[PDB]
Trainee: 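Let me give you the structure first, and then I'll get to my questions.
Chain lettering follows the listing: the opening sequence line is A, and each later line takes the next letter. We number chain A the same way the PDB entry does; the residues here are 204-222, 244-270, 278-601, 626-752, in that order. Chain B residue numbers are taken from the PDB entry; in order, the displayed residues are 204-222, 244-270, 278-601, 626-752. The residues of chain C that appear here are 204-222, 244-270, 278-601, 626-752 by the PDB entry count, in order. Going by the PDB entry, the residues shown for chain D are 204-222, 244-270, 278-601, 626-752, listed in order. For ligands, and for the atoms within them, numbers begin at 1 and follow the listed sequence. Note that these values count all heavy atoms, side chains included, but never hydrogens, waters or copies made by symmetry.
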4 protein chains.
Amino acid sequence: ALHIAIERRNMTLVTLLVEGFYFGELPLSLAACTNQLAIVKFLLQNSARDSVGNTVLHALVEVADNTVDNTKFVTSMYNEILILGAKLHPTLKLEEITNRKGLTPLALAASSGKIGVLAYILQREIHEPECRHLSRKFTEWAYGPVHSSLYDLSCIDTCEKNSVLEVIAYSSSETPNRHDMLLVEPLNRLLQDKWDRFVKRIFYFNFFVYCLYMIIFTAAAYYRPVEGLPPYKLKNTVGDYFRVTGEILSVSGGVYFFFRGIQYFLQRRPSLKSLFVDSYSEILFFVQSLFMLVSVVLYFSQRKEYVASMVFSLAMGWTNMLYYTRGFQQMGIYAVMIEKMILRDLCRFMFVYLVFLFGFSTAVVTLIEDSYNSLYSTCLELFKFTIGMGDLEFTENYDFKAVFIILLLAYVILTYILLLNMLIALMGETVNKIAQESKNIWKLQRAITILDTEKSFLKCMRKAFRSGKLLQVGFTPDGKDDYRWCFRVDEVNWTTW
Amino acid sequence: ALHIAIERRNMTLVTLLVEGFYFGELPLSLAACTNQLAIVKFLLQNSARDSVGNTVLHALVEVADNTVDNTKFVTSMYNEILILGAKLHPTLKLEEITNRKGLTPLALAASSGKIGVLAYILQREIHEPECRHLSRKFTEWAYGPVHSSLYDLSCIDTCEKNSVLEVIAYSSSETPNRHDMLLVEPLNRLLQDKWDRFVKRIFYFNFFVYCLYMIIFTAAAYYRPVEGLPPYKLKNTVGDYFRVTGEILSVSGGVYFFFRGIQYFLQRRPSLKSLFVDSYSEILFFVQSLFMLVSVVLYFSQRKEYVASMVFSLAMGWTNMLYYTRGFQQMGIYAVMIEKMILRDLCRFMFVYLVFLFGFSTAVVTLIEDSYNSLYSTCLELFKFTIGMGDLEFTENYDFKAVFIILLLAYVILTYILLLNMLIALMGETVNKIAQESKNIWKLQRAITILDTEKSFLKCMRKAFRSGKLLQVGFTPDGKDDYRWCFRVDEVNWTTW
Amino acid sequence: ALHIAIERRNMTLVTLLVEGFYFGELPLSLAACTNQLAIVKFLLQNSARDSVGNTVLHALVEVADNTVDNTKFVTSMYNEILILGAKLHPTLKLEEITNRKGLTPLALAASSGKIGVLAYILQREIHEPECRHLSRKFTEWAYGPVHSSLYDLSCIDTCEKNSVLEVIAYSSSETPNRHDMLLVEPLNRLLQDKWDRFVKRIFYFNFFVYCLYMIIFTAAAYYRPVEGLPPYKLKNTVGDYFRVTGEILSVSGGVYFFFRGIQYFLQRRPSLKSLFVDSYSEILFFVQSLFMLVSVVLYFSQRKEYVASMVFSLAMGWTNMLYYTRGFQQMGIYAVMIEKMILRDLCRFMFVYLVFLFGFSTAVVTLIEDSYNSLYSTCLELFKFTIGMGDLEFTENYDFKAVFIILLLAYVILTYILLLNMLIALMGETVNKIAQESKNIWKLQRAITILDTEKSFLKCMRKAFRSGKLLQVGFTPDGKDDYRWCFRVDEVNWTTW
Amino acid sequence: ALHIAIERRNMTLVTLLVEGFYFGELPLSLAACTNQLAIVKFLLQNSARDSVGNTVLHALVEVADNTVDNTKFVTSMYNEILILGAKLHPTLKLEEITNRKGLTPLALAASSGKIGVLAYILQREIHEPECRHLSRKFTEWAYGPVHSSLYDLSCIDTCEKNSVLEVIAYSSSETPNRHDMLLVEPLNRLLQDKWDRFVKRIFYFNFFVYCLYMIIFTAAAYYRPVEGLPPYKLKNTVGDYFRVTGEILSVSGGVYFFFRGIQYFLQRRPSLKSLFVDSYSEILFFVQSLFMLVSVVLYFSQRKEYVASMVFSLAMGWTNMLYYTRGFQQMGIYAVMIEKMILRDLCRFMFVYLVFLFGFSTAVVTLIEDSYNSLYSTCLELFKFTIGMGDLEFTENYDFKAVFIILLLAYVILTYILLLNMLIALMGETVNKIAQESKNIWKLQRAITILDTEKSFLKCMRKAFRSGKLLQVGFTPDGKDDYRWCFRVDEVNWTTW
Ligand SMILES: COc1cc(CNC(=O)CCCC/C=C/C(C)C)ccc1O
Ligand SMILES: COc1cc(CNC(=O)CCCC/C=C/C(C)C)ccc1O
């Protein structure tokens, strides 16, 4: 009755009565979510939590499609509902109420990834002195066409459970707007300010330390003993001393990266199904650590097979230096494109190319009578065509010339001239598509680095720098108390006047 | 008189009289096809089949150009004519009348490929209780802005001769909209539902069985006897037993694919002129079967030349595994692009490159005096330049150094640096063009697989699943009887309200 | 006075008086060219040739900028002036008057390349019976929305000196619209009709004959005598007879192409500055003929150096078969792109690459002490890097390892990885730009082939086919005589009604 | 009070009182910069230099954002202020006042790079005889729709300290519009006129002289003595005489380029941080000179290591010939693209590729036991994969086959197939982006060449040609004196009428 009549958008029906689409589980949520501006007014004058913990604000954000009209009336109705909550209940902070997951409506908007409501809440301001405390953005002053704005940033830096910026950064990448979500003024300028302030220096110190670690590890690997099986007994030579110091430093760094990989996985707890896409760099750093530890295990197991794992660790550590080039803007896009291919284009192309290579490998191997008769050897001899180093007659031990050479021509036309250039065209398309995208994936993960660095910060460095500035605000009618950690930012728009 | 006056769009002329462009062969067809809304009303109040079997509805669809205004008034006039048929003759189902080809007007629209009238008929609904049975789309209910729609789907799943979806899928690809024709709501959701329901499992079972067949066939080919001429006498060794089992299984699969190719060609009966373009995969599977059967023939003919055909079958079977990757969405586009090149770009480029290669091959061969003097050998030595493995002096047995080396430089500049990169640029253009196209060619052939799988389904599996759901409809004035196999689908549009 | 006042666009000034921009050299030309609709009326009521032979129509076409407003009022004023010429002088055919160059105003519009006035004159029609003969386009009839139009085509097929289509086709390519100029209805359909009618068959007969000539010439070249110096004495063997027949046929074709090149150059007389751009194919065919004749000269000069020229002719003849692939639509674009590169991109890239190659060649040669010390040999060894067949240590006879290997690395980075891929990117840009352009350059030169084929046609084949159809037209008031060679074409536009 | 009230845009506040954003440091600058059209009128009726030397005009240009509305009202208010300066003070030339840097407001606009105000001042004209001298553009006459305009060009050719064109050309490339800034009519036509007039001939003479110098230097290098250590004693042979002449000419050119590099660096004094980006060609010419001088030093130091530096100079001189190809239009874009890559794409890709190459080099070297064991040798053997000349088994001296070959496959997939094609895609994107940009970077540096050539011109050639023409102008009310070096240019716009 109430549900059907309210959903009918009939004011008369609601006035007469009261006197799988998810829209909340209470009448207020239905009325608000259905664009009923006046019906909610009557229902209030004729902050509830539903069975899922979602209040009317949660039902508002849950329904928004992020489109222009959706964002328009959703923001408007959010404002009206929050005002009537203000006038009827000034002291109540309806936003503080959280669902089962524990997110506030702003945090819910960030989690789901709707930039409309997010930007509205971020830039919100209410002139009316009826509820002056209820404004997110405070305008400091204007001298000419200049405007020095302030933004509240209550839970954007460090909240009770999850801050807004944390949720944006640690999104599983299924959230659509994620990169664009950082473009909004307060978050963007806050990120750049934190980066320039102190996190830049720590990041370069980390980068230099990692370079130093990799250089000493490369030296210690290069000059490994070649006599006998390990472990090789310590010698009194200065070279021996430097070498044992290099090995112990390298394995210390290895276990360090191992523990950091574990603790990252525990903190984030990402889905194993989407482990690669969200976190590519961490997997590689962890696997480098794992190769180092496996190498140490095989080393003290009295096996010569330790150099196999150690060499993989050495190569992968150098090829993991790109992670630091995401600290810059110019190089970070470049590395992001390598991540995108190795995740998307290169696995595709490898499965297809392996179908082709294996088909023609088995074909030529069965054709050859019989030394290139090991299916491995023929696979290599057919792979050497892709690198432009193969030859049309690697063998002469076939009964049939026409069949063999036809097989090789068909393979070369299929892979060297056709598949490989399909990959060239596809990576051209990828660069064309993501020339704009990578510019903000870079920012997104630059934000992840900032959050990781500040999280791994002790009391002294964290107390020495907190975001924004603690500034008093408009006193509330309940107790004349409103002081917040508000950030400050400038702006000059001529049309503002 | 009637024809000329009616075509003049003069209501007065028709009222006075009655009282190579194909527009139907009766006055009603001319009046309807010429946008004469009122003239047809008088002609009715002042369902015929013409000499070609085309009724007024057939003349309507035949005339539509599928453009915005054409579709607009064609759909409108179709509605008006069908309503007047309803009021004057409620019991008559004018659409059931078919032309000589046997297609209904909806089937005719699908065959010709006009998405305008097709989408109109697919989404048609008539509120008026004057003829309530005459609505294609039935709205189940609406709780809020939710709308649970139902679509009739009379002949879209299994009709008397040809269903709508069958005609869309088995189109010769000359029909323009074919891919877009599957995007329309009922067909699209019906396809995805059928795929997810049961056809997905059968397709993966088929894919795994094909992989198993190819692996056992690869093993049986690899370990073929190398002693003497065939047939090789059975041995009591376990290896001999496994090998004979592998050979008999491989040839059984070969004859299976042979028969399936034949029966496909009989069912579809495609034009030999356009055999490749419409059906690329079937040709390859059939030719693999043909190579296997030729190999068996040469095997029991006591010839050593069986391995030639068997090896071609083995290679082509592996390279035909891409057909299954059209079952996925990510990989199917990739395989479709290979089909597109081998049909369009690669034949072009091969004819041109063969002109160039043969010209410079004959040039260098006539220049050489004389061992590279076989026109085959020089062709290979000039082909090795394309793969980046050739050399500017493969021979020294020429009287003229300048002429020979000039020929080679001109060839390399013409083919390696210029033609081959024209192919690179062309495939870049192809990917740029069809990045959107392949996304729906994939769907189109995914639909072909679904239809093929359901067609090759016995009574039990077909009766266990029929599309849509049998639900009663608005009773007709003739006998109060309207029950259809109507599909159900949800939708949420805010502007609908 | 008259000039300044008329150019002032003051009707009062002209009425009072009469009672380096090229705008014609008479008052009427100034008034018409300056948008003075009424002033010309008074000047006529208050067909001259100027010192350059340009009438008012010539001054009209000379001034048009081909833009939307320019074409609009130019076409309008052309119509008004031509009508007033009609009423004041019905018998006069003002268009027949020609300038010094001999072009009529329509021919002048075609020569200068303004598609606006050209399309207007091509599609012109005048309903008014005041001058019914003065309409270019005659509407045959309309049955429904069908319209069977007729176009006059007086001088479009075969005029006194230069036909319209001839001027469009033989344009020096500086004319901007040239390709688009053939898209206009009468010319386009006339071209396609002539092609399908008889010229298609002659073109394929020519193509097959050329293939036959090249095959017999390839055979005669391949089996040349290798003993002694020429001329080689005739032998009674059947092989000798076939070989002398092949040689005489080949040289006959060579002299044939030589004479055709000469007569083409005399007929067209193109500028030597722009000889390549306008006529690429003719230069190559002529040079093949020239190589054959030089080979015959050296052959009968008792020199073994005839095979050098003959081999160049043999290679270039095969590589000239692309000219026939411009007869098709699919392959013609492909060949046109090769023409475009060899004219534009490849000369650019060769000059730059030769600067680089010569710089590093001389560098490495001076570095080497000393066998790779011939500047030719080092140039080849550095060219072999581009084809992916070079090696970083081709020699060891250098005093300095670091300098030599640095030179080679710098060269490889500069040419193999950077210049060569600049060429790849540039040809990608070229294909991207001209994917649409080539589609109509093909048509343009397909038109050139049609004109060449019909020009080289005797009385019988020309009288057996003349374009259009001789049909009587609206009788003129002067003598009631108007019969023209009018072409016929259909059209169906719904908005026409 | 005055500042705040004026910035409030309240005319009443200013009338009542009077009776880090940079907007000038005086009330007039604030009123003008804030769009207060009327307030400045009162302030004048109720040419100051501020502490930074910026007058109201400087404050106007400093504030413009170059956007459509910004340029609109900035140009309008500039006109109004300059007129009121005219009426109140006709004799005063407010523009002549300069800031501390010495730039006039036009020069300031050019320096900052705002094309709006620049184009306005360049094309300015004032019809009103109230101040007729105050018009930049003078219209010579109009015969029909023709208009022969004149532009003043006071300080555009040769001013007191810095001309307008000089500032545009010598911009540090941080100025955004720089290329577009030369497109404006007077500057563009003035550049092309100067180029065609005399600078073209001098540039070709310089190009031919440089080619001659490089050829004689190449010859003198090629035939260097190979016996003993330098200096090689003079011989009486004619070859010895030509060789000493070649060496002395080559070193004379070397010192010439050295001095020109020094004097360029002194005149321009560009920032060492952005030395490459603004001036790529000069660095290369200077470094060629430096290599030649180092070679002479090592030559007279009795060392055989002179050929190392001389060979680098020889190679780099040839590869520096591209600088002259920026004199043409077709080739200049081509060379500019090489500059852009070697500055932007190639350093990026080299740092990443060096990370990868070094990682896998150290990996394979530590894996190898041990001749390819020098880390240099393995780096070369892994670089040879990029050029398509490497091989998967260059060595067999490894204990582990799987690990080694896995390392090589991973490297080849990472660099040859993935990184190198990321570079191909990136350079494709670069060409796509700058196909339009390079067309005007070419013009920009062609302007730099013109300015350099005229600057290095004596009294005779400079007095023989000065830009524009000295023509009298509208006499000023102060002393009836206005004569300027005004340039002349034609134009034909139909809409002008
Ligand atoms: C089987 O269906 C498909 C297959 C493919 C890829 N496979 C091919 O293109 C086969 C080409 C022929 C290669 C045979 C070589 C022999 C002579 C050694 C793409 C799309 C499909 O639908
Ligand atoms: C000189 O002005 C220009 C030159 C170029 C091309 N030249 C280069 O890029 C030189 C690169 C350095 C190559 C030197 C190799 C030595 C070490 C053997 C383009 C644009 C210009 O304006």
Trainee: Hey, which drug is sitting at ligand 1?
Mentor: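 PDB records call it capsaicin.
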Trainee: Give, by letter, every other chain that has a heavy atom closer than 4.0 Å to capsaicin (ligand 1).
Mentor: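 Heavy-atom contacts under 4.0 Å involve A, B.
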Trainee: Identify which transmembrane segments of chain B (UniProt numbering from the N terminus) have a non-hydrogen atom under 4.0 Å from capsaicin (ligand 1).
Mentor: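 In UniProt numbering, the segments with a heavy atom under the cut-off are 3, 4, 5.
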